[PDB]
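Note: structure shows carbenoxolone engaged with 11-beta-hydroxysteroid dehydrogenase 1.
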Amino acid sequence: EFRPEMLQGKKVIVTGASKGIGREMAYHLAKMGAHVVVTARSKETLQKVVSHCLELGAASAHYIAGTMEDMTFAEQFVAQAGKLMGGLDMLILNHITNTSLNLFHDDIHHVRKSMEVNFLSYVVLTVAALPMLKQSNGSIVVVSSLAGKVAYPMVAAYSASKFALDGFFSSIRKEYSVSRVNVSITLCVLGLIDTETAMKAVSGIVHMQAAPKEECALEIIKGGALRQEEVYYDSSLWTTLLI
Amino acid sequence: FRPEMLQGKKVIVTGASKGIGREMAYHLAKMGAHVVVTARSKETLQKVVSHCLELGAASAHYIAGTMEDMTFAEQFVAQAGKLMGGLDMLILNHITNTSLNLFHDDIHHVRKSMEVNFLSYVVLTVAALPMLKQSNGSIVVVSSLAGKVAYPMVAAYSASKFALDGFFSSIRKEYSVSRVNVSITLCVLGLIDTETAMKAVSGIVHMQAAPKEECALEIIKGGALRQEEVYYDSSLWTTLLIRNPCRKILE
Ligand SMILES: NC(=O)c1ccc[n+]([C@@H]2O[C@H](COP(=O)([O-])OP(=O)(O)OC[C@H]3O[C@@H](n4cnc5c(N)ncnc54)[C@H](OP(=O)(O)O)[C@@H]3O)[C@@H](O)[C@H]2O)c1
Ligand SMILES: NC(=O)c1ccc[n+]([C@@H]2O[C@H](COP(=O)([O-])OP(=O)(O)OC[C@H]3O[C@@H](n4cnc5c(N)ncnc54)[C@H](OP(=O)(O)O)[C@@H]3O)[C@@H](O)[C@H]2O)c1
Ligand SMILES: CC1(C)[C@@H](OC(=O)CCC(=O)O)CC[C@]2(C)[C@H]3C(=O)C=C4[C@@H]5C[C@@](C)(C(=O)O)CC[C@]5(C)CC[C@@]4(C)[C@]3(C)CC[C@@H]12
Ligand SMILES: [Cl-]
Ligand SMILES: [Cl-]
């Protein structure tokens, strides 16, 4: 049974946190009394999230801006975050490269960049974070998609990258299990969440009610805190994916 | 399925210097296909080409190169096309060398696995699709039980094979609606008795490896019949559609 005090004084990194689900997550952590280090590319907007986080009562809150295309930024970012907080209890990998509904023809560039940002950078961040997570018996949260479990048209490169996440992280979870590494891995399968990005994307299709990003963010946090292997949001997916 | 379905058909096989790819090359040869085989080693490929001709291929050639080089990948399909006068089936089977190890910090390997086992396949598909569109042909993608189910020691490998499922399963859906008549077959294979695999599972407890010759054939049949997925061996579906869903729904 989750309680907010579980996050109190915890040292959390949230990526892709200038907007959408990431920013809701940071705000939730702040309200709970965690320390937070947020990142995205956009300085001014990260500062907005930081000051609001402080207002909500974050134990502490800092941003570091950069792109997750740059693997050197990824490594460095982690080193520098753990330093600001003096440690690391939870790594929330949430960011994603810009993607719209397109049929696949010849855009290998988009395919490689999707894999780099949505997947490769998650591996680099994990490798960098692992020493701190080991010492704190901490937690990794990887944010994926129903289209990382079931394939959909018009998002081939995206699905490839989200599938890759399932492939990699579930595998290292079995490895951490056999190697007695006390670091949890939570994979989040999300449906349609009402972020501006996702709603812009789906204006042209028939879909069910998008789920609120505030609640989505909360259920992610809860799942990671409780060290659940997989989180389904909205909850009615849980029945889909297992039937 | 009848062997006659492959006669005079123009087929590419990657990673055909040995293991399952070589057996597919030989089966297609016995059926009277045109084949173009590829891998890094010309001497091993020349031996495959020789035996294909003796088995009765309508024609057989190789082109040597590495699939780390996306330029080679793209130009390979073109040369293979012109050599056969066309393309009916593309069999994407190659894989970068991998051994069972705990992941620690080999980002080179994660990246190289992804370039060779997934991206090259996409480059190959892009290069081939125009010929495949003209012939209402077929793409066969060779994956793995570890491309559906979680195993330790194979993190980078699994990510790359999972990526294949995601990508090709997505474009299959696109092609159905756009009415692009190119079939996409994803093969999920268990342990197959190729030298690479047997060297890898050496001293591990396991069910008898399935024969590499029968594997190759079931792959060719699945693609020839335009099946969305092939499972080999036959025992594999009980794990995939029964055991795994239960383990999941229990946790
Ligand atoms: N919303 C949904 O319906 C939905 C569904 C399934 C899964 N998800 C997943 O949930 C997560 C967040 O989704 P969302 O809707 O919140 O997305 P979002 O609102 O578009 O936010 C994406 C975040 O990532 C950052 N970002 C983009 N490119 C970056 C780059 N190159 N380097 C570093 N940061 C970058 C963005 O900030 P900057 O632009 O300032 O860099 C932003 O903070 C993703 O993993 C997504 O796949 C969402
Ligand atoms: N055997 C199994 O139990 C098993 C199980 C599940 C899935 N599979 C899948 O089945 C497929 C074939 O497996 P296998 O056991 O037959 O493998 P294998 O005997 O080791 O053969 C691999 C082939 O790929 C080629 N290759 C390796 N690196 C290459 C590169 N950089 N560029 C171009 N070609 C390269 C090799 O030739 P060169 O070295 O001369 O380049 C060889 O022809 C793979 O997709 C594998 O994942 C196998
Ligand atoms: C099938 C439904 C409708 C949904 O279905 C349900 O929830 C119940 C069924 C229903 O509603 O009919 C489950 C999620 C989903 C499969 C959904 C998804 O997974 C991830 C994204 C991405 C979100 C985002 C922000 C990114 O992740 O970068 C931007 C790019 C991208 C690719 C845009 C499109 C959607 C929103 C995408 C594919 C649209 C279709 C959608
Ligand atoms: Cl938003
Ligand atoms: Cl062999």
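In what follows, chains are A, B, ... by sequence order, proteins preceding strands, each numbered from 1. Remember, it's 1-based here, ligands and their atoms both numbered in the order they're listed. Any value given below was found using the heavy atoms of this structure, including those in side chains, with hydrogens, waters and symmetry copies removed.
In this structure, the ligands or chains belonging to carbenoxolone are ligand 3. In this entry, the other chains with a heavy atom less than 4.0 Å from carbenoxolone (ligand 3) are A.
Applying the 4.0 Å criterion to heavy atoms of A:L192 picks out, from carbenoxolone (ligand 3), the atoms 7 (O), 13 (C), 14 (C), 36 (C).
The PDB header gives the source organism of chain A as Homo sapiens. Comparing heavy-atom distances from atom 18 (C) of carbenoxolone (ligand 3) across A:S144, A:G20, A:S145, B:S170 singles out A:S145 as nearest. Residues of chain A that UniProt gives as binding substrate and that have a heavy atom less than 4.0 Å from carbenoxolone (ligand 3): A:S145. Closest heavy-atom approach to atom 13 (C) of carbenoxolone (ligand 3) within the set A:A211, A:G191, A:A151, A:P153: this belongs to A:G191. UniProt active site of chain A, nearest residue to carbenoxolone (ligand 3) and heavy-atom distance to 1 Å: A:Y158, 3 Å. Close approach to A:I96 involves these atoms of carbenoxolone (ligand 3), each under 4.0 Å from a residue heavy atom: 28 (O). Taking any N or O of A:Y158, backbone or side chain, at least one lies under 3.5 Å from an N or O belonging to carbenoxolone (ligand 3).
The shortest N or O to N or O distance between A:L237 and carbenoxolone (ligand 3) is not under 3.5 Å. Applying a cut-off of 4.0 Å to heavy atoms, one finds the binding site of carbenoxolone (ligand 3) to be A:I96, A:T99, A:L101, A:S145, A:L146, A:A147, A:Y152, A:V155, A:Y158, A:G191, A:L192, A:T197, A:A201, A:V202, A:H207, A:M208.
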